[PDB]
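Drug omecamtiv mecarbil bound to macromolecule Myosin-7.
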Amino acid sequence: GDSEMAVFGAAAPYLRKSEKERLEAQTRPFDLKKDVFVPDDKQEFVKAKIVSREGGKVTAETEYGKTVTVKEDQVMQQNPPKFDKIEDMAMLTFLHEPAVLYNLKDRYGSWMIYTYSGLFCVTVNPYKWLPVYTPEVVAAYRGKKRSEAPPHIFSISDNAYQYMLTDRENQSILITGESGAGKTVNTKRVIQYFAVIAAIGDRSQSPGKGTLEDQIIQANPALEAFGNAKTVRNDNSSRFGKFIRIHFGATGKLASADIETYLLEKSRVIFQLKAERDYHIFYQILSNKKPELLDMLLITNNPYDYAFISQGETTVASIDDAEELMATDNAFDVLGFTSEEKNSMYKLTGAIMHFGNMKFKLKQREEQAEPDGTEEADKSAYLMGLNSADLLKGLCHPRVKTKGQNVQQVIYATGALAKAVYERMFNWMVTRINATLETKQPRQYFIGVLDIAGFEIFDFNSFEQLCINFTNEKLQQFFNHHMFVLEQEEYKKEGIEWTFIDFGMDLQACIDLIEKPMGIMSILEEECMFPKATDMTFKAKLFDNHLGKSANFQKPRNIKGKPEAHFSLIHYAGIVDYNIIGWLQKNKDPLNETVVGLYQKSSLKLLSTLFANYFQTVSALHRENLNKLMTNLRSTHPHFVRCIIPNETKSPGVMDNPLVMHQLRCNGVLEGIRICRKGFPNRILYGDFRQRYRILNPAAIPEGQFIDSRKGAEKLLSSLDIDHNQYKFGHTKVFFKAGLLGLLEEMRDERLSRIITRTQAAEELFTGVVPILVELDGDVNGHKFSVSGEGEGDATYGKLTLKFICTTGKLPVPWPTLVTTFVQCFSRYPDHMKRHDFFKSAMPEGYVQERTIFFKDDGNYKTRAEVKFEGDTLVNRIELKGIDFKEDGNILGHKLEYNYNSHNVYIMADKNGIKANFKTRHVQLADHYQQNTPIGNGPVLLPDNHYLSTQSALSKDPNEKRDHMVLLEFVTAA
Ligand SMILES: COC(=O)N1CCN(Cc2cccc(NC(=O)Nc3ccc(C)nc3)c2F)CC1
């Protein structure tokens, strides 16, 4: 309702449309039989309208106008309009891939970027400023359960906070997405929200300016200068994963915080694709906004003077590198870094710029490298606190147990050293930030925010992707297991006896293949400890150990125009081809240990600290960090946020179906649907079930007040031709397999469809004024008489007007005893009761109206009429037989008044017809026992218990010689 949305002010249209909008959208034309989804080559899925069918093929017209034919089993139902832009997609009737996709797309196209799907909060990058993050919207989300407000990431944050205070247990919020999907912005939103609402925070010996909240928030511009970069998909992309824990003490007050980082993209430091930059800090320093830095670093202000940082782009329209240097330098001040610490970091950064400018050439006629120039090597060693001759001597002639390098190797070696200094500098800075955020105030609970690259499949997938995907496999298993426990709780609460093996188990084989002994990483680790091992011997040890034995391990699918791969892995998100060139190298990450010896002895304390503790391979460390991350996550109640990148052109409002589909298959959303689908995903309250699927068998669910809805559903379902094992009865709901409710929904559309046909046929049979002929042949107490009637009928107004003439003299019985006997098909059924118009539905074949009228005093009429169309005219042909009538009685002795009273005709059903019962007052009592039955061996509408309200007006035509009756009757159903 609209008033509930008032509290959101200007944000409201971006969170939920008004009931006026929503009313319209849910009245749009829809045919469950024609409006479908079909697969599509270029778009994955598209809507389509079915045009024709034959031989188990379907022909349809795509929403793009393309004619297509497809196998019947490839056609999927659309959800009806009541479900348009639904806020939680777990409520959809049809919950297949295109239904999810098109709900997202519909919501996003109306500027609603947030959507729930079960546990998931789904966020679509808007590419546009939205007014939904104001203080007013913060206030309106405080303390609300998820269901009490529109979808929003504030809901996730506020609830995670309240769960911690209320349950006194750790919480985590897991945020994934592809690069550019908006993980980093969402992560900041969530942490800013904690800083706004968290209770402080009793005061007590720690570096930093401001409050802990200021410091937590300032860790961002600090880390982003060294860990973020202009990529093709995002001007400000994090190239590292991040887990931040915000700690609270025993009474719920903000206590401290710590950050862990993962998987910094080292390669970016010395290499860029054409449309990308290196990390921000290089261009920030180069902005000359703090000129003493250019002097301290022995550099110009031209990035193109530096090979490591100028292979792609060097300026970004959206980024003022000058302003950002101040933000970076300010952040290091707030976090309590000394000027020595700060400057030492700037120096190492300048040193790395120079490193990549050092040139080398070949000796006169040898294959040995020697320095070409020496200037840039000099500037570099100086900043690093090292001897320049020692540096260049280390590079060219390393010591083992000792020498030998060509130009290729030297160029390779300096590049690896640049990357290693930079990575270890990054870790150092994070540990220093952690030292500021450490307040030594007691901690009892935390809220962990994890922000890491999601599962991604590239054209070329190498060792780094394997690490990403392994992590995400472990994170998806974690979700599955959590989803399993909640499902069990739900089936238990409802008393449904169901179970299955833990959903997290489905991912165990993939995980074991990667992580157990003799698994892929174990082999890689074993192999790079062998000096003579090669990429080819590695390939072999994997195949020899797993091809044929581990089903998730497979031959590469070497597809189309995609680069060479060596094996393929079956992950939850799909099958991935891995290229294993260079993995022995990447895993052991060899460094020139002569030059590392110099770093260790540097006079610059920082550089010396960075290599102090210098065996461990990349994969062993990753395993260690992941295990530490998962132990933390498993101690929490988790919440999951999915970021979606809608398109590749930063365009607001528009979605590429395939891009979004890939993401949905990879990020857990479709996974979540699949595993709940193992059980009984569709759940319906007994009340809603009756008020929706009654029409399938109206007999088994009576009408009225106090109705036993569980019995109604148990009787109705038991009476259909369906797999009775595909539903179970809980305390308050019916649980359905997805296929079965989808069938009930098709059957309902079919039954509803037949009805609309039959009622339409039966109204265009009574459109216009309709001619009536009435014929009676009476026989009361042995005295025959005959009445004839002629008049006009008009069902639209529920009016009829007839003249009746006794064509055999004076009438043996009073005229008001023949009204009930003298065409209820002219009743006006309201525009909403029409399916209950039995009389019209029996036409033109007509119906038999048999009656038995017992009069109080006298005897009784036995009536049998046939009411059928007969040309363009409606004929009511009655035969009557009054018997055992008192000759002195108020009937036969013409005692009754010349008037009629209003009655209700109480209609029930039978089978193929109806039956009524009513008592007429004249004042003489008379009870009617009416039965109607069709005459055509064809379908008629049996109605729910209802009554006809009838009014009858007896008059005389003053000009009529013969004994007669003029009648006016007004009849309407209710
Ligand atoms: C991202 O995907 C996932 O994580 N999942 C989303 C969908 N899943 C399937 C599922 C499981 C449990 C209950 C429901 N449905 C619901 O509660 N009521 C309901 C109401 C009316 C009708 C026709 N069907 C059901 C349900 F869809 C739940 C997790």
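We number chain A the way the PDB entry does; in order, the residues shown are 2-205, 209-405, 412-624, 644-851, 855-943, 946-956, 963-1014. Counting convention: from 1, in listed order, for ligands and their atoms alike. The way this entry was determined, per its header, is X-ray crystallography, 2.2 Å.
Site of omecamtiv mecarbil with heavy atoms closer than 4.0 Å: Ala91, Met92, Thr94, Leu96, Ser118, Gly119, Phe121, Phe489, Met493, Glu497, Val698, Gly701, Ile702, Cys705, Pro710, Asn711, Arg712, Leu770. Considering backbone and side-chain N/O atoms, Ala91 comes within less than 3.5 Å of an N/O atom of omecamtiv mecarbil. Counting only heavy atoms of the protein, atom 1 (C) of omecamtiv mecarbil lies nearest to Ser118 OG, 2.9 Å. Below 3.5 Å of separation, one finds no N or O of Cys705 facing any N or O of omecamtiv mecarbil. Considering only non-hydrogen protein atoms, atom 10 (C) of omecamtiv mecarbil sits nearest to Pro710 O, 3.8 Å. Contact atoms of omecamtiv mecarbil toward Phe489: 4 (O) (distance under 4.0 Å to a heavy atom of the residue).
Distances below 4.0 Å separate heavy atoms of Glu497 from the following atoms of omecamtiv mecarbil: 11 (C), 12 (C). Closest to atom 6 (C) of omecamtiv mecarbil among all protein heavy atoms lies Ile702 CD1, 3.6 Å.
When each atom of omecamtiv mecarbil is checked for a heavy atom of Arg712 under 4.0 Å away, the hits are 11 (C), 12 (C), 13 (C), 18 (N), 19 (C), 20 (C), 21 (C), 24 (N), 25 (C). Closest to atom 7 (C) of omecamtiv mecarbil among all protein heavy atoms lies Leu96 CD2, 3.4 Å. Geometrically, omecamtiv mecarbil and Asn711 share a nitrogen or oxygen pair separated by less than 3.5 Å. Of the residues of chain A touching omecamtiv mecarbil, most belong to the UniProt domain Myosin motor. Every atom of omecamtiv mecarbil is numbered from 1 in the order shown, and the set under 4.0 Å from a heavy atom of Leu770 is 23 (C). Listed by number with element, the atoms of omecamtiv mecarbil under 4.0 Å from a non-hydrogen atom of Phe121 are 1 (C), 4 (O). Below 4.0 Å from some heavy atom of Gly701 lie the following atoms of omecamtiv mecarbil, by number and element: 2 (O), 3 (C), 4 (O), 5 (N).
For omecamtiv mecarbil, the atoms sitting less than 4.0 Å from at least one non-hydrogen atom of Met493 are 4 (O), 29 (C), numbered in the order shown with element in parentheses. Note: no N/O pair closer than 3.5 Å links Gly697 and omecamtiv mecarbil by distance alone. Here is the list of omecamtiv mecarbil atoms found below 4.0 Å of a heavy atom in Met92: 20 (C).
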